[PDB]
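Bound state: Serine hydroxymethyltransferase, mitochondrial + pemetrexed.
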Amino acid sequence: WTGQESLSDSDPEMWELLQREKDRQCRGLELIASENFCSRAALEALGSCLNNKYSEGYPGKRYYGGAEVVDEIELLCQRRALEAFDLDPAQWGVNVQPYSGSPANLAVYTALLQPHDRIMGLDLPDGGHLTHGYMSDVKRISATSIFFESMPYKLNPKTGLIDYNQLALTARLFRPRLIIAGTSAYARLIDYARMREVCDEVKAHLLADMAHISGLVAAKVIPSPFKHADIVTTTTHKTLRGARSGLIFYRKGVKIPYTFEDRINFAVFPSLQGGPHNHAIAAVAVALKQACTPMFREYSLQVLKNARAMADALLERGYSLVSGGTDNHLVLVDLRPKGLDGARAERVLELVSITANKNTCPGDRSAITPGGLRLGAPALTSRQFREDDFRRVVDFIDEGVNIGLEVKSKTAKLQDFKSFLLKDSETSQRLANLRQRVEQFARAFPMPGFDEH
Amino acid sequence: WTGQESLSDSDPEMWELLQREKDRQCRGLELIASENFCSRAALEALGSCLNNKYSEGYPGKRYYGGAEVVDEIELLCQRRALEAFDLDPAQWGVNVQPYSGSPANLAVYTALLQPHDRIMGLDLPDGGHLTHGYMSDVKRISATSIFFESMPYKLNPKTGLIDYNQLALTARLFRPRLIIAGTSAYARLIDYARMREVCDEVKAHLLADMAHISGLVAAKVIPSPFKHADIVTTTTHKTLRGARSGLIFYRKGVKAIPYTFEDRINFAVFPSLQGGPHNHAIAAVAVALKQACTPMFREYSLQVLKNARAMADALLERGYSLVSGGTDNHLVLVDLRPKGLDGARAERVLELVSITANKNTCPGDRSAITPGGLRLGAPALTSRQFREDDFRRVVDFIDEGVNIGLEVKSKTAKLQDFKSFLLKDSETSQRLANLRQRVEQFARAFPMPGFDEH
Ligand SMILES: Nc1nc(=O)c2c(CCc3ccc(C(=O)N[C@@H](/C=C/C(=O)O)C(=O)O)cc3)c[nH]c2[nH]1
Ligand SMILES: *Cc1c(COP(=O)(O)O)cnc(C)c1O
Ligand SMILES: *Cc1c(COP(=O)(O)O)cnc(C)c1O
Ligand SMILES: [Ca+2]
């Protein structure tokens with residue numbers, strides 16, 4: 001045993017699993033707005049000898065020795081992070097160690113707040129993220145809601161937009177120490193200027209959690225939360241198209257100085273994390289360098305055009321869009337006027353190799369079965385899909401919905417619907433036909449990564 | 001742009017750096033007891049398309065679709081984890097999603113405790129981990145100490161062992177909900193029978209954080225925490241030799257009326273603390289867990305014990321004192337005070353000759369700010385096919401470092417003077433540059449797990 005044997009030789013059962021997942025990705029139409037396809041170059045860094053190095057601490061300030069090279073990598077990741085988002089290093093710093101987006105958020109909170117201090121975020125069914133505080137009427141769900149005290153803010157159901165007026169009103173009463181501007185299921189641009197005014201008024205830090213939109217921000221195809229936020233968190237996957245990891249950006253220098261840097265860095269290590277995942281950090285550096293190029297601006301422009309094209313294509317075929325359209329990378333479809341719901345559509349589409357998400361619509365409860373569907377452009381755009389290809393994706397979705405409708409008029413409950421798609425031979429064949437057409441279409445497009453895994 | 005271009009072609013700057021680090025790992029003697037060298041097989045999984053899949057939730061209970069293969073990979077990683085530690089599926093479960101060791105511990109605490117509930121763990125300078133609870137006298141340091149209330153137990157400073165008497169006494173008073181049996185710098189086996197007695201009396205949960213010794217426990221070359229603990233956490237790197245990730249094992253089924261760990265532990269990992277699983281890590285971990293079930297790994301681990309034994313016996317036989325007198329595991333705690341030096345000095349000398357080891361605070365330390373010891377580990381170099389005579393020769397290289405360290409301590413005043421004297425003084429430079437060249441030439445000749453060039 002050398003530990004230099006190939007995976008296919010040494011673990012054939014695992015190698016066969018990688019190959020099946022590779023085929024599924026190649027043959028599927030990936031419309032999950034948080035999905036993307038990582039470049040080979042980034043994955044080569046990710047599965048590298050950088051996994052082997054413990055480097056607790058920071059560059060030039062490590063616990064263990066032998067970090068000369070790892071220090072250069074982390075420092076380079078830092079520079080490319082600031083360059084990607086066009087940040088003056090006198091005015092901004094960045095921590096590149098969070099293990100993911102959720103740890104990046106928890107580290108911001110533990111850095112700046114005391115246990116049980118107050119946070120406000122977009123409610124989860126209104127399109128916010130678990131890590132912005134989430135508790136149900138029954139219990140505390142996010143650790144954000146356990147260690148801190150959250151109160152959500154809401155959409156205006158009339159417009160499908162964030163109700164900035166109700167946020168202002170309600171923040172005056174609750175008096176949060178931290179307000180989070182950022183979304184998981186929102187088709188529009190956040191009024192960061194308005195968020196900032198509410199924060200200034202109640203003396204709260206503004207956190208922009210730009211995970212979903214970070215690549216669009218890097219490419220300068222939408223306005224930057226960095227103009228208004230104190231702290232910006234993000235994932236490095238999603239629209240940035242890197243390995244799974246996180247980033248915390250913070251202001252530094254004069255506001256009387258900013259005091260985020262030392263607190264943020266201490267919270268990440270030693271308070272929360274152990275050894276940095278240097279292999280991830282390297283992969284992120286690779287993706288961040290990719291994000292500074294003309295190629296990536298053109299990619300991000302195309303993502304917007306494709307989402308528009310998908311939105312327009314849906315409108316023409318008689319669908320309703322929550323907020324009436326999109327200004328970003330995803331669209332929110334309201335299926336209730338069509339007579340179907342998200343849980344039904346999602347399952348039908350899954351069986352024809354189209355992966356989308358059910359999505360709560362404004363006004364409905366976090367209890368009633370979701371009336372909507374979230375569809376995203378980033379992943380397929382990475383496979384060189386253009387506007388005509390997304391029109392074709394919408395054709396396939398429509399057939400999916402129409403099958404979904406017919407199965408609904410023959411079934412009672414949700415579990416009836418789900419096993420009827422498997423058992424009933426006439427509908428299972430109509431799905432088999434659509435699946436094969438979807439996969440023929442999808443397989444012809446290029447796919448970032450390695451060929452076979 | 002396809003995203004199928006090579007790293008060497010598209011990012012030459014980064015590729016350079018991967019090669020410099022691969023070279024640094026090859027030419028050095030890696031004596032940090034937390035380090036190891038991951039298999040190519042595992043790295044191939046880690047740098048795969050599994051990075052691309054969002055699979056929040058658990059196998060068969062995902063929030064998004066298209067997870068059929070990722071479900072099987074997670075389930076496989078579970079079964080392989082249980083098999084690696086010889087656990088009955090009816091009596092144990094395992095969560096394979098923690099992003100590292102620290103997240104695995106925090107998730108146990110948030111799963112089983114309320115905020116501000118009480119925790120006890122071996123004090124940090126007495127050989128425990130940050131994540132066991134660590135405050136200084138100035139401030140709270142670990143998040144473990146911010147969100148929960150930690151009181152550290154200690155070593156008996158005569159024996160260098162864990163004072164199981166004081167711990168039983170002090171735990172009757174503090175009333176912890178959770179006591180942690182685990183170490184980062186302890187050369188001996190832990191009395192998990194005794195830990196569980198203390199936990200039974202005061203009605204606390206016993207957590208075994210075996211990160212450091214998980215390979216040794218899988219190999220069955222030391223006794224298992226799974227006989228006495230109801231919760232076990234580990235890294236998947238270190239002695240398991242996998243990718244960076246973590247595991248949480250927990251008891252399940254009938255207690256005496258069921259155990260209720262499973263549901264709380266899984267909920268704490270997701271949705272409470274983490275987001276999307278790192279499926280590429282989960283797969284690499286599964287590969288390494290397969291490797292740990294094999295006869296090859298038992299021999300790897302036996303050789304780890306023997307190589308630490310041989311490093312220990314060799315150090316004793318050159319007139320070095322060692323904390324606790326010996327080792328029953330993968331490392332040796334070297335008290336450098338009775339040889340008239342200390343950790344900070346030794347570490348910086350050894351580093352400049354491509355030997356990487358750790359500063360370590362010993363019981364007999366009379367200052368509290370510069371430690372008087374050195375942690376030296378087997379697992380890494382053993383993975384490179386080192387045997388007892390190779391470790392004797394490492395010790396010989398160390399002895400020359402320590403002796404340059406002793407010979408520079410008598411010619412210097414403070415610790416920052418000591419550090420400059422190494423780089424600045426030409427006779428000490430080229431005595432180090434000579435010792436380095438010989439260490440590198442010795443280390444290079446041994447094999448290295450992973451890819452050849454990155
Ligand atoms: N955009 C977006 N929106 C989402 O909602 C979402 C999710 C699911 C989030 C989520 C997870 C658990 C509960 C929860 O309530 N947990 C369980 C309750 C247990 C109990 O009460 O004991 C449950 O799922 O029933 C509620 C919500 C993943 N990715 C997402 N992306
Ligand atoms: C190394 C270690 C950890 C933490 O591992 P990371 O991957 O750095 O978070 C936790 N517990 C023990 C006992 C350890 O040795
Ligand atoms: C995806 C996302 C996260 C969390 O990322 P993970 O890597 O899954 O933890 C946090 N916040 C927002 C707004 C997100 O979209
Ligand atoms: Ca713009």
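Residue numbers begin at 1 in each chain, while the letters A, B, ... track the order of the sequences. Counting starts at 1 for both ligands and their atoms, in listed order. Because only heavy atoms are used, hydrogens play no part in the values below, and waters and symmetry mates are left out as well, while side chains stay in.
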Practice task
Tell me where in the structure to find pemetrexed, all copies included.
Solution key: ligand 1
Practice task
Tell me which other chains have a heavy atom under 4.0 Å from pemetrexed.
Solution key: A, B
Handout entry: Within reach of pemetrexed, part of A:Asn357 (heavy-atom separation under 4.0 Å)
Key = neither
Problem - Is_contact(atom 25 (O) of pemetrexed), protein non-hydrogen, under 4.0 Å - result: no
Exercise for the section: Report yes if A:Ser184 has an N/O atom closer than 3.5 Å to an N/O atom of pemetrexed; otherwise report no. Expected result: no
Practice task
Provide, to 0.1 Å, the distance between atom 1 (N) of pemetrexed and the closest protein heavy atom, together with that atom's residue and name.
Solution key: A:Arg374 NH1, 3.6 Å
Handout entry: Per-atom contacts of pemetrexed with B:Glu56, taking only distances under 4.0 Å to non-hydrogen atoms
Key = 28 (C), 29 (N)
Exercise for the section: Tell me which one of B:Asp263, A:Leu124, A:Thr360, A:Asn359 gets a heavy atom nearest to atom 27 (C) of pemetrexed. Expected result: A:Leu124
Exercise for the section: Look at atom 15 (O) of pemetrexed and say which protein heavy atom is nearest, naming residue and atom and giving the distance to 0.1 Å. Expected result: A:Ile141 CD1, 3.5 Å
Exercise for the section: Measure the distance from atom 9 (C) of pemetrexed to every protein heavy atom, then report the residue, atom name and distance (to 0.1 Å) of the closest one. Expected result: A:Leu130 CD1, 3.9 Å
Practice task
Take atom 6 (C) of pemetrexed and look for protein heavy atoms under 4.0 Å from it; say yes if you find one, no if not.
Solution key: no
Exercise for the section: State if B:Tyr64 counts as touching pemetrexed under the rule of any non-hydrogen atom under 4.0 Å. Expected result: yes
Practice task
Considering heavy atoms of the protein only, find what lies nearest to atom 23 (C) of pemetrexed and give residue, atom and distance to 0.1 Å.
Solution key: B:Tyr63 OH, 4.3 Å
Problem - Heteroatom proximity flag, A:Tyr134 to pemetrexed, N/O under 3.5 Å - result: no
Practice task
Mark the output for B:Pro271 as yes if a heavy-atom distance to pemetrexed is under 4.0 Å, and as no if none is.
Solution key: yes
Problem - Close approach, A:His129 and pemetrexed, non-hydrogen under 4.0 angstrom - result: no
Exercise for the section: Report the member of A:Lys358, A:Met135, A:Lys139 with the shortest heavy-atom distance to atom 20 (C) of pemetrexed. Expected result: A:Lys139
Practice task
Give the numbers and elements of all pemetrexed atoms closer than 4.0 Å to a heavy atom of B:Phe267.
Solution key: 16 (N), 17 (C), 18 (C), 19 (C)
Problem - pemetrexed: binding-site residues, heavy-atom cut-off 4.0 Å - result: A:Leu124, A:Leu130, A:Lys139, A:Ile141, A:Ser184, A:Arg374, B:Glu56, B:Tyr63, B:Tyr64, B:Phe267, B:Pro271
Can you pull every nitrogen or oxygen pair between pemetrexed and the protein closer than 3.5 angstrom?
unit_1, atom_1, unit_2, atom_2, d
pemetrexed, 24 (O), B:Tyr63, OH, 3.2
pemetrexed, 29 (N), B:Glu56, OE1, 2.9
pemetrexed, 29 (N), B:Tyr64, OH, 3.4
pemetrexed, 31 (N), B:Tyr64, OH, 3.2

